[PDB]
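Structure with repaglinide present.
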Amino acid sequence: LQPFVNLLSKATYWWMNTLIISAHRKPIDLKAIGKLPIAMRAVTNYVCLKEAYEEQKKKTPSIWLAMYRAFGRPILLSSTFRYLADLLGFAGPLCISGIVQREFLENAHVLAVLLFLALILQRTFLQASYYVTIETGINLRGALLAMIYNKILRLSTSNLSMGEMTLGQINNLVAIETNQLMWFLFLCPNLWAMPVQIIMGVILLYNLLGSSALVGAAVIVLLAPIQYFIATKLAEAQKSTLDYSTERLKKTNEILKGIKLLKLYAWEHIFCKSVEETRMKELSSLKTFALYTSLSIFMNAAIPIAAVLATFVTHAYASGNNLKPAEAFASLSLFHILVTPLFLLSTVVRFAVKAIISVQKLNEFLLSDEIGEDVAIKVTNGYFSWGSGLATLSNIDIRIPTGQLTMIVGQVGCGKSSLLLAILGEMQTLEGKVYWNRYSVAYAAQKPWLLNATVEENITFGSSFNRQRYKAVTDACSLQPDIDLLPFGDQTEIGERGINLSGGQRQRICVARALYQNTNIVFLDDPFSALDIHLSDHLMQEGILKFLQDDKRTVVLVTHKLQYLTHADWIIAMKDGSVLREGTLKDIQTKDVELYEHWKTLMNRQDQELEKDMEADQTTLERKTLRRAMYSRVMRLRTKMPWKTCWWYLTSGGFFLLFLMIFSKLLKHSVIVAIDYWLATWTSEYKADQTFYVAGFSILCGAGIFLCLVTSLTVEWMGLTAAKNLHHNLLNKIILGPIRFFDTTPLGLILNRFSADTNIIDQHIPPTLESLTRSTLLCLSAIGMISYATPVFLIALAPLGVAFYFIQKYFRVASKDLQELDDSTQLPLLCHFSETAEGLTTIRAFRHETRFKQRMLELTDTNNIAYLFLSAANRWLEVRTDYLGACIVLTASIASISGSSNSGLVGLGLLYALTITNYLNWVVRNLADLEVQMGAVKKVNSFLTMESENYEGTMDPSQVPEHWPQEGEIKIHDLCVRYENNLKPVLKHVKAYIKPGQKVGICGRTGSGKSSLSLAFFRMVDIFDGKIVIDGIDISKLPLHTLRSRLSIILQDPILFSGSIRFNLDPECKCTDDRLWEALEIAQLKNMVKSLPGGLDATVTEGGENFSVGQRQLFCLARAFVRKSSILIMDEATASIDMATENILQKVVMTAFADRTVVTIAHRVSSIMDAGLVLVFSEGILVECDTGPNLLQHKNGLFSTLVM
Ligand SMILES: CCOc1cc(CC(=O)N[C@@H](CC(C)C)c2ccccc2N2CCCCC2)ccc1C(=O)O
Ligand SMILES: Nc1ncnc2c1ncn2[C@@H]1O[C@H](COP(=O)(O)OP(=O)(O)OP(=O)(O)O)[C@@H](O)[C@H]1O
Ligand SMILES: Nc1ncnc2c1ncn2[C@@H]1O[C@H](COP(=O)(O)OP(=O)(O)OP(=O)(O)O)[C@@H](O)[C@H]1O
Ligand SMILES: [Mg+2]
Ligand SMILES: [Mg+2]
């Protein structure tokens, strides 16, 4: 009995049962799920698929043949199960005909029991086929991901091969093409099962109804081309909507990062309107998409009705016999059977075409350019090239002594990085040989590569953690001062996803990773490129010379700092892809005196140039940015369906639309039941005159078609209205919020609310709601009609319904976990592939390909097990609801046979009992989908219920003059500034009198509250005591727009917004082009604008990447001059700016802004030694407020110490 119970457990998915039941007790996690079986692990499937692919390559290789030879037998098994289920599905109409007709097989109860058994077997076989094909598709996805990851690990990094689009193509293959191929393998048995089922259904219809059934067969067969055409139009409209949504999301992201500047300039509403224009275009495209969706729904619901109408009218007239209940309702059952394959065969064909495209892309990727197969390293007569045939490195003959520092020196473009990568084997070897006396190399690439992991996980890089070595490595690279600034320290997730670091910090972290590894050979490729003199010298003295010589490492150091050549044991001088001369410094000097003299001249010139420029500190400005970035730093609910969120979404389109949808759907399903009952009455008159019944049937069918159209239009109209209203409210609501909200909430969360939740509301919810309402109404009408035919069925409705409740309860939570789990596993795996595409040279130099292969296999196995268990929960639910439906069919059949009203009613009840089995599962599935989507609607509403700023001022706008800050007086009385309630005040008792047209310089130590004062000028920070009176008007008693739009501010990092230069200068477009040209000339920028095509309407890239940072700062100066505020705030504007551009900025401020009151937070204190009023801040307290010379003459003063 053990094999029998094992087979039953497999067939009913009983092994999921416990995992479902536990979902109420505790959330489902990866620990609750087991591991993948050996036959299901990605490694075994990868080996099978790779063996098949290599067999094909032996013989151009066929991916399709490899997939068939690897994962073909399970497809044949699932096809056998699908054919058995299709055959056992036609027992429905046959048993309906037999029962309605009323030796042994003639018995009606025998036929009812046989129909029950046939339904149970059919559903078991169908779910088995679904599970087998889904498992095979998941195995194929794992194998394909492993194959493409190995191909990635083999990829060549040359610019000819590894282009800028290669990483995007890899991401597309991992995230899209592999999933398209997996879904095609999911749906492939349909491709040869649906045609057979359709042909057999048409044959059964013909056997039932003569040639009259061929008319309905043709009409309903017309549904497949119509659905294919409608799906083509849907794809086109979806691409259009996706383009418009991408533009809208680009604009929204540009607003969100940079919202502080927009609020300071009071340009938030202009950018909101700019986003709303793109939103309106996207909404028009979405309207076309919804129109085609409603067409699809209407056709799916109306072609069957027209086919039934044509069939039965043609039978009433052409056929000489009366319509019989058995034939009529068996044919109705056959039509209902045929609807689904005809509607979904177009989907299967579309997936087949997309799979052909995906296999073409995958096969074109699997055929890509890939890398080829004392003294530690020696190159003899080496001729290397980057794949173009032209040798980049010609006649390379070098020697790298073991355990000695080797420095490669040459001008930019010599081929030093090329020499290192040719030694590592990353480029083609035309001639020569590289001898290693390969081996693992600690490689620090010229472009630093960071994993999306913590600082410690980047530095250790798959190596055992040693605290002494880790501390020594961190000290040598001077990483502790900037690690301490990180929120979590070593455990701070850095990289693309995590905290953004400066180029110098990333370079030092990669150098630390190179130093930490205990490999005898270290390759450093310009490690001082993004560092300053002090950090470079410390790394050279402690890391290269001390730490790397304690371990006796063979160090190869590509550098431009020739001053370090005195520390070199071996020197390799390059020029134009060839070595001029190699050897010790003394040997080079003796043999090649000219090269030594040239090196001396270069060292002297570099020292002379750096002597003046050493004043600027790169590391100080990196650490200040990193420190400023950190200034800001349920069981009952699990099963609670969000009915309030559902009601809010339904009423967000208006009560008329909701009423129209509900009324139209109720009327449509009433009419459908009416046509079924009319057929019942017509057949129960069984040649009489058919005119009355034909006329009534035609009228009912026409009304049903019209109501199908009405409901299809109405649900999509409601969805469009709700989406429009929700997004329109959301954008404006979040923009008006305080700056503290944007400082606290990450940009990722807000952008998710604007992209993913918006897409869910726009395109996912309307179809889910339509399907849920349709399935629920079909089930309710079926139950009502079965109970009307036989009231005793209601007795069995109490148990079965109760069962249904539990079946819908547990599933609705279990899947909710599994889906989430699936998502939590999709993000890492994809990221892994990206981390391997960029950083491939580092991985292959460290020789850590095996570790990354293992990590990829783990990630894909986790993703596959999550997806498999989600699908298994779906199969569990389908089996449960299918057995419920079989019980319903058996009960209805027995009740109808025992107590018969008439033959037509028996047939009608049997048909409805048979049909409810299809929709019971979809009621639960759509309810779960609706709950998931209402989660996103709840997120959007939560963002919509946030608190905004107080944009309405106390003062009467008539009281405020037209030119309010005309003079520029400022009076700060007992100012107490905090960034949020319950936090400590950041400014305490600041009192100052800024004379109109007086140049004020604000200075102090880091964290003293200088930027907080500039924010208090704009009321971007919470003032709770004291006041700021600007030109006689308290700014607290003022609208925020009037205050912020009449004051000019210049921040440190300049930000320009995508659009025209005229748009950047004034989005409001109040000024004239002559004024804009005058401002551009003032900012010493008119010639640059003239050089650009179009002048004032030259396109600015997002962030202003077209212009240099100095040009961006000059643009900010031009905007400030356009504003004509007479009060200009400059928050360390000259920082991160070239010295020449800094002098230009100072000249512009002195000349053009001579009249305006300039309040400058000096980046360099010496710049405000001659300022009229100097405000010195210490720890939030105004220590000194006097003239510059007055503070200078007072010895031992804070300003005097700052100046020195
Ligand atoms: C992850 C794969 O998920 C499945 C995968 C399958 C495999 C399958 O032959 N589908 C047939 C469905 C039946 C009605 C023919 C089909 C055919 C064409 C288009 C879509 C579909 N189906 C696609 C999935 C959702 C239901 C319509 C079954 C069921 C599921 C499921 O979600 O439970
Ligand atoms: N990945 C690559 N694929 C193809 N060609 C490349 C690649 N990297 C560099 N080259 C080319 O090979 C030549 C050698 O330049 P390379 O980058 O090796 O010099 P370098 O001395 O390291 O220069 P730099 O000081 O600018 O870093 C140049 O013509 C360069 O354009
Ligand atoms: N966004 C913020 N949220 C909360 N507190 C903040 C925020 N920004 C700054 N603070 C707090 O206010 C203090 C005042 O520093 P602030 O940035 O205002 O000016 P600062 O002294 O000129 O700074 P820095 O020299 O680093 O640019 C900070 O030390 C910090 O404690
Ligand atoms: Mg280089
Ligand atoms: Mg500051």
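Chain A residue numbers are taken from the PDB entry; in order, the displayed residues are 216-274, 282-324, 343-613, 665-728, 745-940, 966-1018, 1025-1542. Below, each value reflects all heavy atoms present in this structure, side chains not excepted, and no hydrogens, waters or symmetry copies. Start at 1 and go down the list; that is how both ligands and their atoms are numbered. This deposition comes from electron microscopy, 3.0 Å.
- Tracing repaglinide through the model gives ligand 1.
- Contact analysis gives the chain with most pairs under 4.5 Å to repaglinide (ligand 1) as the one the PDB entry calls ATP-binding cassette sub-family C member 9.
- Per the entry, the source species of chain A is Rattus norvegicus.
- The shell of residues around repaglinide (ligand 1) (heavy atoms under 4.0 Å) is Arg304, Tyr370, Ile374, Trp423, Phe426, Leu427, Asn430, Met434, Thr580, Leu584, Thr587, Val588, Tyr1205, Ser1209, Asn1212, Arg1213, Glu1216, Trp1260, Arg1263.
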